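In this structure, veliparib is found bound to Poly [ADP-ribose] polymerase 1, processed C-terminus.
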Amino acid sequence: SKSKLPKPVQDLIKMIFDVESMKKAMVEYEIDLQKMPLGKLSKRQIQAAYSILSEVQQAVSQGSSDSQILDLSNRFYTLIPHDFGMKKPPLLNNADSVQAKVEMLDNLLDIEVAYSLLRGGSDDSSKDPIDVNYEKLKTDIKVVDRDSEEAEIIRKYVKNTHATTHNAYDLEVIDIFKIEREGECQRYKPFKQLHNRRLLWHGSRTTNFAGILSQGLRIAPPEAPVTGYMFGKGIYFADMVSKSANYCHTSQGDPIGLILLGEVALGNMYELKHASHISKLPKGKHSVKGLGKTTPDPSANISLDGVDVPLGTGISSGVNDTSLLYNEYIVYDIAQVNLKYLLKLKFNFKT
Ligand SMILES: C[C@]1(c2nc3cccc(C(N)=O)c3[nH]2)CCCN1
């Protein structure tokens, strides 16, 4: 049998479960596909390299010698085979060297989630593989009509929050999906009535969406170093579409990406101007608002199904000495997010 699902839904299911895209991401990460193939990828190996990556960071900012650093850098490449042939692996002597590797392991974990959904389960050639894979996501995906309503808010949000400093590409909304993860509304119940509930952006590689749609937006594991992130381990969001879009890691050789819209219950925000590698929020706070120089016009804030949408054009926030050009929002409890929409975007590069 053939799939009765709409074509935009089918193309989304093909895109996210692409085994060759998963392999392509792993080569970009310099991983030896002979010693660490796609099917031989494991959660406990990634957890183990995270612990050694925490040990590298523990020594980089503790002013350790380049010889004490080397031993720890080499130990990381032992647990995660990198394809460098018979050459010594690049040394991980700086802070950005480590964050890149902590980000690689976050993306490797969700590739394992995607592949394990696919490789697990049952084999039946009479069923359409697109219909099979869609069911694995345990999510209801519906196409949002362009002549609606909610599609005009979403399109306004995209058109109005593209920053001038992200002018190397333009965006085109290909398809707008309304998404409903099974059990999410119920997980959201303690936060459904909270104050400061906002419709915010979240960008990610297309290789993480089988795990995002199946498991929801998650926080990094305990093995991951908190210093490997600006505001520690939480779920990050932007009010500027282009800030999140930059996280799609789309290029000229891959201009199609996916971005999420989620209802985030922020409540009592712990405003910050500079990096803070927090483990937990201060008493009484529910989120971190990283204050940026530019912010969407607060007078232009709209309401979509009781949630505030910050779709105004960017203006000066009035924030003094801040490390951020634009805002970011971090929640440290997965239950504080309700994924509403999923967009397919075409990145039109000017570069
Ligand atoms: C740097 C980091 C991040 N900062 C963000 C700020 C706004 C939006 C996003 C997003 N993904 O849409 C961000 N992601 C920390 C967690 C992994 N990536």
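Here chain A follows the PDB entry, giving residues 661-1011 in order. Every number for a ligand or one of its atoms is a count from 1 in the order of the listing. In what follows, every heavy atom counts, from backbone to side chain, and hydrogens, waters and symmetry copies are set aside.
- For atom 11 (N) of veliparib (ligand 1), the closest heavy atom belonging to the protein is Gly863 O, 3.2 Å.
- Numbered from 1 in the order shown, with element, the atoms of veliparib (ligand 1) that lie under 4.0 Å from a heavy atom of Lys903 read 6 (C), 7 (C).
- Using a 4.0 angstrom heavy-atom cutoff, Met890 does not count as in contact with veliparib (ligand 1).
- Within the set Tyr907, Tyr986, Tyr896, the minimum heavy-atom distance to atom 1 (C) of veliparib (ligand 1) is found for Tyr907.
- On a distance-only criterion, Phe897 and veliparib (ligand 1) share no N/O pair closer than 3.5 Å.
- Looking at the UniProt NAD(+)-binding residues of chain A, I find a heavy atom under 4.0 Å from veliparib (ligand 1) for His862, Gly863, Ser904.
- The active-site residue of chain A per UniProt that lies nearest to veliparib (ligand 1), with minimum heavy-atom distance rounded to 1 Å, is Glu988, 4 Å.
- Checked against a 3.5 angstrom limit, the closest N/O atoms of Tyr889 and veliparib (ligand 1) fall outside it.
- The part of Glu988 lying near veliparib (ligand 1) is the side chain, judged by heavy-atom distances below 4.0 Å.
- UniProt assigns most of the residues of chain A contacting veliparib (ligand 1) to the domain PARP catalytic.
- Counting only heavy atoms of the protein, atom 18 (N) of veliparib (ligand 1) lies nearest to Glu763 OE2, 3.9 Å.
- At a heavy-atom cut-off of 4.0 Å, the residues contacting veliparib (ligand 1) are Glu763, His862, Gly863, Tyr889, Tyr896, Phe897, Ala898, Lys903, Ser904, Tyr907, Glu988.
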Exercise answer, veliparib (ligand 1) polar atom pairs (N/O) under 3.5 angstrom:
residue              : atom   : partner : partner atom : Å
veliparib (ligand 1) : 11 (N) : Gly863  : O            : 3.2
veliparib (ligand 1) : 12 (O) : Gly863  : N            : 2.9
veliparib (ligand 1) : 12 (O) : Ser904  : OG           : 2.9

